[PDB]
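Chain A corresponds to the first sequence line; subsequent lines are lettered B, C, and so forth. The residues of chain A that appear here are 625-635 by the PDB entry count, in order. Note that chain B carries the PDB entry numbering, so the residues on display, from first to last, are 123-159, 218-277, 288-420. Whatever order the structure lists them in is the order used to number ligands and atoms, beginning at 1. FYI, side chains are in, hydrogens and waters are out, and symmetry mates aren't considered; it's all heavy atoms of this structure.
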Amino acid sequence: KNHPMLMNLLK
Amino acid sequence: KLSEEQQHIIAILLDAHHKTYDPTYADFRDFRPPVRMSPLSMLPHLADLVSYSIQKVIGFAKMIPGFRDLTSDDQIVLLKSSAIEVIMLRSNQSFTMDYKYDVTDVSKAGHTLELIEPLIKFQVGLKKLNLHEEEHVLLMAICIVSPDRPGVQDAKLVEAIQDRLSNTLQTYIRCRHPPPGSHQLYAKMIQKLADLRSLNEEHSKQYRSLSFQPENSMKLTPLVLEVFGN
Ligand SMILES: C=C1/C(=C\C=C2/CCC[C@]3(C)[C@@H]([C@H](C)CCCC(C)(C)O)CC[C@@H]23)C[C@@H](O)C[C@@H]1O
């Protein structure tokens, strides 16, 4: 899966 | 014996924690409200509290010295696998022996005593360690940067980052935590990290069960579904 939200929060 | 670099690491983690843990709960008013009386009446509120807290755990993690040197992929794997354990650790600060939560409340979010009894036992045992805030924030950081999480690629680097924090904690205990309080304290803190693995596993099992029903999955948040699984 992808983790676009987590990726965005990790900057 | 605490080096300048160790004092620096501790100051960075205290501030990181202060910047991501608001003990006034000023934000809780923006969650779906707790409902109290297969109801699951507390699932919306606790899902929003957990979703909020995952955001905070991520903010804390980004500030752990060394964490920035990992690849975005490894940062992801470490956060997904630790988020529930750091929520359990950080919640020890509100734990005490609308926004106080008891056993029935957690039951009303779709969980059972198989999770809740060991979770309360963990919170009591952690509270009894009476950790300094320095120790508490080091333990959360050590929990996040664990080299044995499944899917870690560059484990050597994660290990190296964690060793720096473990060494800081061990030295802090020796230098700043007076006996008797300090007796076996590091090993006891590591045992809590082991206890958290077992809690993580049982939470995962109950989460998969409650979220398997689309009507319950509907009540979660997009971030919770992404981090804990969908
Ligand atoms: C969150 C925080 C807090 C409490 C944590 C609790 C008490 C209620 C039950 C919770 C939320 C446990 C539940 C098993 C989590 C269930 C989540 C879900 C329904 C998605 O499977 C884990 C930690 C527990 C309050 C404050 O300390 C901030 C912290 O950050």
### Message
Okay, contact question: for ligand 1, which chain racks up the most heavy-atom pairs under 4.5 Å? Name from UniProt, please.
### Response
Vitamin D3 receptor
### Message
Quick one: what's the drug at ligand 1 called?
### Response
calcitriol
### Task
Return the other chains, by letter, having a non-hydrogen atom closer than 4.0 Å to calcitriol.
B
### Task
Determine, using UniProt annotations, which domain of chain B has most residues touching calcitriol.
NR LBD
### Query
For calcitriol, which atoms, with element, lie under 4.0 Å from some heavy atom of B:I267?
1 (C), 23 (C)
### Query
With a cut-off of 4.0 Å, which atoms of calcitriol are near a heavy atom of B:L305?
14 (C)
### Message
Hey, quick one: which residues UniProt lists as binding calcitriol in chain B have a heavy atom under 4.0 Å from calcitriol?
### Response
B:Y143, B:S233, B:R270, B:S274, B:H301, B:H393
### Query
Are B:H301 and calcitriol in contact, using a heavy-atom cut-off of under 4.0 Å?
yes
### Message
So is B:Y232 touching calcitriol or not, going by heavy atoms under 4.0 Å?
### Response
no
### Protein heavy-atom partner closest to atom 9 (C) of calcitriol - residue, atom, separation in Å
B:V296 CG2, 3.6 Å
### Message
Working on a figure here: which residues of other chains come under 4.0 Å of calcitriol (heavy-atom distance)?
### Response
B:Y143, B:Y147, B:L223, B:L229, B:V230, B:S233, B:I267, B:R270, B:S271, B:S274, B:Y291, B:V296, B:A299, B:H301, B:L305, B:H393, B:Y397
